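Below, a PDB structure including zanamivir.
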Number of protein chains: 4
Amino acid sequence: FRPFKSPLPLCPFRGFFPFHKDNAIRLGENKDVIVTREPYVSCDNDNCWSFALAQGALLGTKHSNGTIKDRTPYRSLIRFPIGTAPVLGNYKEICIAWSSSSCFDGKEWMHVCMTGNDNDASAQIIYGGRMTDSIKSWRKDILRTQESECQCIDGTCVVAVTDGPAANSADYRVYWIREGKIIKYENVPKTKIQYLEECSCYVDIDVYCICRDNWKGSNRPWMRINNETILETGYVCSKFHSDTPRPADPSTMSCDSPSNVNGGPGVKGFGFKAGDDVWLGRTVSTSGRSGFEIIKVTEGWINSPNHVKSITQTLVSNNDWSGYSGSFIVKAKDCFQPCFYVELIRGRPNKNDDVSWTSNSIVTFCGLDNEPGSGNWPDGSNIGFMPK
Amino acid sequence: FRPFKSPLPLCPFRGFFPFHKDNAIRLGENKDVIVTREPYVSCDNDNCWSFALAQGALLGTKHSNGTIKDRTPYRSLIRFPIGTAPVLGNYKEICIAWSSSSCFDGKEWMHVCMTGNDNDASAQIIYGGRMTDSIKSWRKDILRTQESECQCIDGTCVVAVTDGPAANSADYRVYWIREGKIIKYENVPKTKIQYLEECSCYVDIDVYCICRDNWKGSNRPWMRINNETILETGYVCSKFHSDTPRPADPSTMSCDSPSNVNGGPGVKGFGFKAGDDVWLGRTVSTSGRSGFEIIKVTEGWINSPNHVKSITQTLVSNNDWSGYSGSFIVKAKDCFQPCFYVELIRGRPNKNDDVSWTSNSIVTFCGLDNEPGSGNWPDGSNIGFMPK
Amino acid sequence: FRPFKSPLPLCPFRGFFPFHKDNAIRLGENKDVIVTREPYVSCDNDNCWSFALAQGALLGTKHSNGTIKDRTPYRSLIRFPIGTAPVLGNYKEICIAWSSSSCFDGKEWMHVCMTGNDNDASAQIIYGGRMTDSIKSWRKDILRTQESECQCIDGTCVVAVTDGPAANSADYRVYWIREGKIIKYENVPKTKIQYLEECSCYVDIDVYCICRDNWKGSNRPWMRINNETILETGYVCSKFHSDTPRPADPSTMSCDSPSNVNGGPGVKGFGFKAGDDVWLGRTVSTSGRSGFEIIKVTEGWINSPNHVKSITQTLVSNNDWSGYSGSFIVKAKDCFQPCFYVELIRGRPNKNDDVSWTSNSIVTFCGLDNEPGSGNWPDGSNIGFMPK
Amino acid sequence: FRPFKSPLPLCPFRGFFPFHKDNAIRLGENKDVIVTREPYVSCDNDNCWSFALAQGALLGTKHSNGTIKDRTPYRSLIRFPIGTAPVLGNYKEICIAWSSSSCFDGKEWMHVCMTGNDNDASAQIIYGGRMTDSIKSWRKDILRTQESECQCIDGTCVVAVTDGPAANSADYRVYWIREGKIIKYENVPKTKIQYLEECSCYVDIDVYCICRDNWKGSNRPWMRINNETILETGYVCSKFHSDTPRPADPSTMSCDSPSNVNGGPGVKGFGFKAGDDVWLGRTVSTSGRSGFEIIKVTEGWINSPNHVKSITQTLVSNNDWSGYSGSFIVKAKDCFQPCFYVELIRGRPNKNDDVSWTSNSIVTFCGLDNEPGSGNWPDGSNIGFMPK
Ligand SMILES: *[C@@H]1O[C@H](CO[C@@H]2O[C@@H](C)[C@@H](O)[C@@H](O)[C@@H]2O)[C@@H](O[C@@H]2O[C@H](CO)[C@@H](O)[C@H](O)[C@H]2NC(C)=O)[C@H](O)[C@H]1NC(C)=O
Ligand SMILES: *[C@@H]1O[C@H](CO[C@@H]2O[C@@H](C)[C@@H](O)[C@@H](O)[C@@H]2O)[C@@H](O[C@@H]2O[C@H](CO)[C@@H](O)[C@H](O)[C@H]2NC(C)=O)[C@H](O)[C@H]1NC(C)=O
Ligand SMILES: *[C@@H]1O[C@H](CO[C@@H]2O[C@@H](C)[C@@H](O)[C@@H](O)[C@@H]2O)[C@@H](O[C@@H]2O[C@H](CO)[C@@H](O)[C@H](O)[C@H]2NC(C)=O)[C@H](O)[C@H]1NC(C)=O
Ligand SMILES: *[C@@H]1O[C@H](CO[C@@H]2O[C@@H](C)[C@@H](O)[C@@H](O)[C@@H]2O)[C@@H](O[C@@H]2O[C@H](CO)[C@@H](O)[C@H](O)[C@H]2NC(C)=O)[C@H](O)[C@H]1NC(C)=O
Ligand SMILES: *[C@@H]1O[C@H](CO[C@@H]2O[C@@H](C)[C@@H](O)[C@@H](O)[C@@H]2O)[C@@H](O[C@@H]2O[C@H](CO)[C@@H](O)[C@H](O)[C@H]2NC(C)=O)[C@H](O)[C@H]1NC(C)=O
Ligand SMILES: *[C@@H]1O[C@H](CO[C@@H]2O[C@@H](C)[C@@H](O)[C@@H](O)[C@@H]2O)[C@@H](O[C@@H]2O[C@H](CO)[C@@H](O)[C@H](O)[C@H]2NC(C)=O)[C@H](O)[C@H]1NC(C)=O
Ligand SMILES: *[C@@H]1O[C@H](CO[C@@H]2O[C@@H](C)[C@@H](O)[C@@H](O)[C@@H]2O)[C@@H](O[C@@H]2O[C@H](CO)[C@@H](O)[C@H](O)[C@H]2NC(C)=O)[C@H](O)[C@H]1NC(C)=O
Ligand SMILES: *[C@@H]1O[C@H](CO[C@@H]2O[C@@H](C)[C@@H](O)[C@@H](O)[C@@H]2O)[C@@H](O[C@@H]2O[C@H](CO)[C@@H](O)[C@H](O)[C@H]2NC(C)=O)[C@H](O)[C@H]1NC(C)=O
Ligand SMILES: CC(=O)N[C@H]1[C@H]([C@H](O)[C@H](O)CO)OC(C(=O)O)=C[C@@H]1NC(=N)N
Ligand SMILES: CC(=O)N[C@H]1[C@H]([C@H](O)[C@H](O)CO)OC(C(=O)O)=C[C@@H]1NC(=N)N
Ligand SMILES: CC(=O)N[C@H]1[C@H]([C@H](O)[C@H](O)CO)OC(C(=O)O)=C[C@@H]1NC(=N)N
Ligand SMILES: CC(=O)N[C@H]1[C@H]([C@H](O)[C@H](O)CO)OC(C(=O)O)=C[C@@H]1NC(=N)N
Ligand SMILES: [Ca+2]
Ligand SMILES: [Ca+2]
Ligand SMILES: [Ca+2]
Ligand SMILES: [Ca+2]
Ligand SMILES: [Ca+2]
């Protein structure tokens with residue numbers, strides 16, 4: 001017997017530390033590795049796992065040509081041991097998906113898997129390996145979800161879902177799902193948030209989600225959610241913005257609205273509220289998906305004149321390609337430890353990655369209440385060595 | 001301790017949804033994948049699994065040349081994680097077989113494995129990994145079985161077996177097997193059914209099997225069976241036929257006899273009785289093994305003037321190759337969920353598949369009481385990229 | 001908790017049936033498969049396993065050239081799922097060995113592993129993964145053992161071991177080992193047996209071993225052993241001999257001495273006593289390692305004028321290569337089922353196998369009290385397709 | 001429930017015996033095997049495991065070129081089944097590391113993983129898969145650790161760590177870690193030891209560590225440690241030295257100070273105290289990393305005029321390449337069995353290994369209270385067959 005996961009507080013932390021790294025592109029030089037993108041990490045009672053949307057092809061084969069394409073019937077959510085490259089001999093196929101979320105509720109895994117036509121997609125809910133429920137596209141425009149782990153509290157899992165156009169008004173919802181059965185949903189209030197997608201969520205008593213506004217906000221939209229309802233919404237107050245593209249530091253403090261500058265197209269990212277402060281992941285570049293750093297902004301969670309970047313950890317240099325990033329948690333004793341992954345995209349459309357495919361490797365970091373050192377942990381592939 | 005599976009009713013459902021897809025041919029471009037055909041799916045308490053008849057060769061190697069051939073000593077029933085491509089690093093070999101069935105009784109797996117000479121084949125019964133019993137060919141003409149999962153009720157498993165010619169009178173039996181020991185068999189009554197093979201079965205209180213008449217019936221033969229005996233037999237009443245080849249819709253309503261038109265050679269397929277209605281899988285083409293759709297026919301299970309196709313889901317376009325299809329079930333709480341797989345055959349003798357081998361990938365769908373979206377989930381291989 | 005295996009009788013049987021087949025050479029065409037020889041099978045509570053002496057090289061690579069060689073430091077006993085080809089992604093390395101035996105005592109696995117110099121080899125005893133004891137070569141001439149499964153009764157395992165020359169007088173012993181600790185050994189009486197090696201053993205209340213005389217006996221030497229001592233010895237009385245080479249049928253009935261004809265070099269083989277009768281495996285050829293058949297000889301276990309071959313099953317045609325064969329058992333309820341494997345050697349020095357390496361595949365059969373069909377289950381490799 | 005490992009005495013032993021060997025370089029000829037170095041072995045309740053620092057590349061691929069380099073962001077501690085070659089289909093990635101230690105406390109695994117910049121590295125402590133603590137470089141000069149298994153007593157694990165220059169005064173510490181949390185550390189006393197790194201440790205009631213002085217000592221520094229503190233320190237008294245390089249036998253008896261001759265650069269090695277005697281591993285060559293032998297020196301642990309090499313086992317000939325070696329233990333009933341591994345380095349900078357990469361295979365031996373035979377168990381690769 002295992003109990004459902006509880007509403008634990010986030011553990012104390014003062015810096016982030018290198019955890020697992022798969023080096024998947026380097027290891028894929030001889031065409032062993034499955035083409036992926038939109039990876040993430042999620043853990044059960046016994047293991048943390050890598051997840052990613054595979055492309056139904058091996059890296060460097062003819063079928064990998066053109067895998068920049070976002071949605072195909074040949075994409076599946078796959079799972080593989082954390083920090084290992086995904087290969088045919090180690091992967092598990094979770095469901096057919098070109099958008100996904102996964103989370104463990106203390107007893108079983110839940111997955112949310114979108115596939116099908118852009119104008120008529122459906123999300124399949126998997127629980128304990130069984131398809132238990134589904135969501136039918138209601139705006140008929142690329143029904144989609146987090147691309148990182150959802151969160152579960154006392155047996156009820158919470159997941160953010162979007163249907164509708166990019167860079168215009170769309171529908172944003174949270175779904176509450178228990179043992180694979182949809183209990184209810186809520187349309188996210190639009191009093192503050194104007195656009196939300198690709199939420200990166202964690203638990204600190206309640207579920208916090210920090211997401212991607214691909215329309216008018218260079219600042220990130222966020223929600224606080226419990227097992228019953230959405231409790232609060234906003235944009236991250238920090239005058240230092242964390243989407244990509246975005247304005248140079250310092251920019252506007254916008255707690256209640258999109259920054260109305262450099263709003264599109266954005267990238268999936270994450271942050272962690274800490275007291276009145278906030279930690280924010282972001283690309284080093286303000287324009288492109290290169291580099292990765294994480295900053296701590298004093299009073300960055302609140303309306304304040306005192307925002308300052310107290311800490312900056314540079315984890316992937318600006319000379320290296322990054323991509324999506326997302327939060328995951330690991331249960332410590334009586335608190336949840338904040339961790340995150342960074343997708344390191346290689347191939348199209350990256351400048352000078354002269355290959356026909358698009359894929360990624362993974363690197364991960366976890367938070368400790370200790371002072372970190374410094375380093376650089378990029379993809380590390382010599383793109384010239386690779387099968388094109 | 002685990003109890004034997006019970007005689008549960010089928011769960012309510014109103015459409016089918018994409019589950020797992022292996023993309024095995026695409027992933028086999030670099031010769032990692034085992035050549036297979038006649039795949040199916042079956043689940044135990046903890047996992048669903050892919051099964052298939054391997055050909056003792058890797059796809060695209062010289063030994064894969066000529067694998068259109070149905071029966072060789074080098075064919076084995078293999079098992080691999082559901083939705084994964086079968087590779088040497090992930091497969092398990094269950095038994096030597098060129099025809100098979102597998103099912104889990106709640107405690108252990110049973111398999112039925114035919115191999116040997118066409119005129120002197122034997123079926124090996126495996127239970128919990130041990131060879132426990134066997135069936136000796138009695139008509140001496142390709143003793144053979146379902147090529148999809150059998151069914152077990154309160155510890156007694158039921159499996160359909162045929163011995164004798166194709167497109168002429170043969171012998172059809174059901175065998176009852178408990179803990180791997182043959183309890184009894186029955187010759188299927190020929191009052192209605194004139195030919196039966198390759199049964200696709202599921203549980204809805206009793207076992208229902210919908211099978212393949214390769215002789216005079218474009219409609220599918222069926223049986224209702226319990227833990228002791230065959231209870232009913234017939235052909236599916238639906239005036240919309242579901243074998244391949246078959247007449248164009250609408251055709252004859254034949255509840256009690258073969259349609260006596262477009263009877264051969266047929267293809268393995270499946271259906272689900274639902275009240276007085278019936279769901280039927282079928283190729284899109286009325287002549288060839290291309291496309292896959294599933295229809296719901298109002299009152300299609302009974303003798304009625306009111307048959308109509310209330311629903312048609314097109315899951316694989318007619319421009320794509322299909323093949324065999326079969327039912328499997330997944331235990332929900334107090335009901336069994338209806339699912340099915342579709343074999344996507346590539347290679348010989350398919351027109352324009354210019355390779356020397358014959359193999360397949362898999363796609364699967366499960367039934368939910370929700371409205372589906374729409375999509376297309378074909379093999380997806382560019383046959384031109386493949387090692388011939 | 002699991003009890004130690006008990007002294008069960010052999011189950012009734014009247015023929016042998018195809019079980020698992022790995023097709024390892026066919027599947028090794030693309031250099032994925034580990035080079036092996038001297039395979040065997042042994043089972044624990046939950047699985048049967050393939051074992052073999054690997055050669056520390058992949059089939060078809062430059063390091064596989066010359067693997068006809070019997071003993072090197074690069075040979076390890078490896079284990080892989082039964083009926084699968086041994087590959088880097090599925091194998092386990094048990095110990096360094098160029099001669100081995102393995103058996104499961106009901107709780108844990110024991111292995112006996114010989115390696116080192118011909119004139120100073122030692123056998124390592126492994127129990128539950130730990131090296132627990134050892135045997136030092138005492139005749140200083142290729143200390144060696146069964147190359148098939150040993151047997152364990154009420155926690156005491158029995159294994160036959162030889163040290164000394166081939167085709168001359170050597171030392172033969174049985175060792176009793178409990179939880180990996182050597183309890184005692186006995187020098188095999190030489191009142192009847194003149195040479196013994198490579199014993200194939202099973203349990204029928206007591207342990208029976210049928211072995212290889214590589215000196216003067218075309219008939220096979222045998223022993224009956226319990227948890228304490230050797231109880232009986234002899235040669236198989238059957239006037240139909242079962243070593244290779246051997247005289248044509250019928251030959252001499254020699255219950256108490258080597259036949260004194262066609263004695264060398266012999267091949268590992270097996271048999272099963274059944275009442276006063278005996279089942280004997282043997283190559284089809286009387287001179288070479290080609291084909292495989294199993295015969296039942298009426299009264300073949302005893303001194304009698306009534307020996308006759310009541311049954312002959314031809315399992316591998318004489319046009320196909322065979323090799324070693326050995327017994328293993330599978331617990332049925334209150335009896336042990338007799339099974340056997342056949343090593344199918346390909347490569348050097350086989351005539352017309354034009355490659356530089358030597359390896360093998362595996363096929364297995366189990367006994368049932370049912371009438372068998374007929375078939376042929378050879379290696380199946382087109383040696384011309386293989387990397388040399 | 002499993003108890004924490006106890007302070008057991010070392011088991012009696014009088015020689016070492018071949019255990020597991022992976023033949024990883026031979027098996028890597030077709031580019032399947034992960035490039036590694038600094039391997040070791042450590043066991044839990046159910047299995048012994050191989051560990052090594054991978055290089056984020058497959059052997060023989062372009063990314064393997066230049067892997068002589070010691071520290072990169074693409075190095076991870078990986079785990080794979082003992083005696084198997086590390087491949088993508090069997091490995092687990094434990095953490096990002098270019099220096100590591102691992103040990104099992106009876107309940108869970110702990111790992112210590114150093115990565116990042118040379119002048120600002122940090123060690124991540126992993127316990128039960130979760131990052132639980134860390135050590136920040138304090139001398140800012142390649143914070144580093146054992147490269148073999150740590151040891152745990154009654155739930156408290158002990159690990160030796162160094163920060164500072166090579167061939168000059170550095171800082172050496174022991175850390176005590178419980179359930180992944182650092183309890184305390186101690187600076188190693190410098191009353192006797194002048195330099196310590198790469199400790200090879202085992203348990204004999206207390207923890208004994210025999211390490212590498214890379215400065216002034218051709219004799220090896222050692223410590224005796226319990227769950228609370230460092231109890232004793234010294235250099236191995238044996239007038240026969242065991243670092244590499246070192247003086248020819250016999251050299252100085254230096255129980256309390258470095259030999260002050262042939263002190264650098266040294267190699268990781270191990271030994272076992274036995275009564276007043278000591279067993280010492282060492283390369284056969286006194287100058288290079290070739291060959292491997294283990295000696296027993298009578299009274300070699302103490303100050304005595306009676307040191308003599310009572311036993312010499314030559315396990316890898318001087319014509320073969322060796323490398324690092326380290327101790328590990330296996331629980332026997334009420335004692336710990338002493339075992340060790342030897343890293344067999346191939347590639348740069350080894351003379352005549354004409355390839356661009358640097359990697360290794362593994363061989364292992366365990367101690368028994370029996371007389372051994374003799375043999376030779378080198379890497380066995382024909383470097384000429386390998387992809388460069
Ligand atoms: C949602 O969970 C609560 C229990 O969790 C607490 O309340 C949540 C709203 C949130 O604030 C958490 O952080 C809190 O820890 C459930 O409330 C329980 O309901 C049962 C049955 O009525 C009752 O016996 C308990 O006393 C309640 N527990 C508490 C602490 O109030 C609530 O039922 C959950 N809602 C759903 C829809 O599952
Ligand atoms: C990646 O693929 C492109 C496109 O390939 C073509 O279209 C595909 C859908 C498929 O049908 C292929 O068979 C086609 O070749 C390649 O670009 C083509 O290259 C060919 C051969 O040099 C050239 O004749 C065409 O004009 C190109 N077509 C286009 C639209 O650019 C490209 O070479 C592939 N990249 C790699 C690294 O192989
Ligand atoms: C077959 O199973 C029945 C129990 O299942 C019920 O009866 C079947 C025929 C079928 O209609 C199912 O859907 C039903 O749920 C067994 O009947 C039991 O037998 C035992 C022993 O005699 C008796 O104690 C119980 O009362 C019976 N149970 C019921 C509900 O009647 C029957 O034994 C099974 N037959 C075989 C050969 O195994
Ligand atoms: C697939 O195999 C066929 C047949 O191969 C021949 O017969 C086999 C049983 C085996 O013995 C092979 O060695 C033989 O080559 C191939 O067709 C043959 O191709 C060869 C060479 O071009 C030609 O000389 C023969 O006439 C052909 N034989 C026949 C009966 O057609 C075919 O090329 C193979 N396909 C692929 C993609 O390689
Ligand atoms: C060997 O096993 C016997 C028990 O097995 C029986 O005797 C064997 C010799 C063999 O004939 C088997 O087939 C039989 O089933 C052990 O005898 C037991 O010893 C214990 C302790 O003295 C005693 O309490 C039991 O009564 C004995 N059991 C019987 C049936 O006699 C014997 O100890 C074993 N010897 C060793 C060395 O382990
Ligand atoms: C299998 O190997 C033999 C022998 O290889 C030679 O000796 C080995 C130990 C090793 O040192 C190799 O590098 C040597 O090549 C091969 O036979 C040799 O082939 C070469 C090249 O054609 C020839 O010059 C030598 O005379 C041969 N030596 C002998 C003793 O025959 C043989 O070709 C290999 N087989 C295959 C299929 O590659
Ligand atoms: C360290 O372990 C001891 C128990 O182990 C013994 O003492 C060690 C110092 C070492 O000498 C071992 O080989 C010995 O076996 C712990 O001592 C126990 O402490 C508890 C709580 O105070 C007490 O109830 C027991 O009586 C003590 N046991 C003994 C045998 O003295 C000690 O607590 C451990 N220290 C730490 C920091 O964990
Ligand atoms: C191993 O690599 C070296 C170096 O490769 C060069 O530098 C690397 C960092 C990378 O940028 C590569 O693309 C470069 O080629 C190889 O040595 C080079 O070989 C090339 C081609 O022959 C030659 O023109 C350069 O002068 C060489 N550079 C140096 C510094 O020596 C070497 O060939 C590789 N080894 C193998 C076995 O391939
Ligand atoms: C469902 C879907 O296709 N989501 C997209 C996504 C999307 O286009 C934008 O967020 C706008 O809505 O962006 C990104 C892109 O890297 O920005 C990759 C995704 N790829 C996949 N999830 N497959
Ligand atoms: C035992 C056997 O060989 N069964 C056949 C089968 C058969 O020929 C017909 O159903 C007529 O009886 O049809 C099909 C074919 O795709 O229609 C493939 C099978 N291949 C295998 N099961 N191996
Ligand atoms: C230890 C050893 O090398 N045993 C031999 C063996 C042996 O030479 C004879 O039985 C004579 O004693 O025969 C055979 C051979 O196939 O006949 C293969 C073996 N190969 C291995 N077991 N590695
Ligand atoms: C952390 C680190 O880089 N340690 C080194 C090491 C080191 O340079 C010396 O011991 C001197 O301090 O020596 C050796 C070398 O083989 O002697 C390999 C190591 N490689 C790795 N552990 N990655
Ligand atoms: Ca934005
Ligand atoms: Ca038909
Ligand atoms: Ca003989
Ligand atoms: Ca491969
Ligand atoms: Ca030194």
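Chain identifiers are assigned alphabetically (A, B, ...) following the order of the sequence lines, protein sequences preceding nucleic acid strands; residue numbering begins at 1 within each chain. Method on record in the header is X-ray crystallography, 1.6 Å. Hydrogens, waters and symmetry mates are skipped; everything else that's a heavy atom, side chains included, is used. Order of listing sets the numbers, starting from 1, for every ligand and every atom in it.
Every copy of zanamivir included, the relevant parts of the model are ligands 9, 10, 11 and 12.
Most heavy-atom contacts to zanamivir (ligand 11): the chain the PDB entry names Neuraminidase. Using a 4.0 Å cut-off on heavy atoms, the other chains next to zanamivir (ligand 11) are C. By the definition of a contact as any protein heavy atom under 4.0 Å away, atom 14 (C) of zanamivir (ligand 11) is in contact. With hydrogens left out, the protein atom closest to atom 21 (C) of zanamivir (ligand 11) is C/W98 O, 3.3 Å, a heavy atom.
Of all the atoms in zanamivir (ligand 11), the ones that sit under 4.0 Å from a non-hydrogen atom of C/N214 are 11 (C), 12 (O). Less than 4.0 angstrom separates some heavy atom of C/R75 from each of these atoms of zanamivir (ligand 11): 23 (N). With hydrogens left out, the protein atom closest to atom 3 (O) of zanamivir (ligand 11) is C/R71 NH1, 2.9 Å, a heavy atom.
Scanning the protein for heavy atoms near atom 12 (O) of zanamivir (ligand 11), the closest one is C/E197 OE1, 2.7 Å. Of all atoms in zanamivir (ligand 11), listed by their number and element, those nearer than 4.0 Å to a heavy atom of C/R289 are 15 (C), 16 (O), 17 (O).
Proximity to C/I142 (heavy-atom distance under 4.0 Å) selects the following atoms of zanamivir (ligand 11): 1 (C).
The protein heavy atom nearest to atom 20 (N) of zanamivir (ligand 11) is C/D70 OD1, 2.8 Å.
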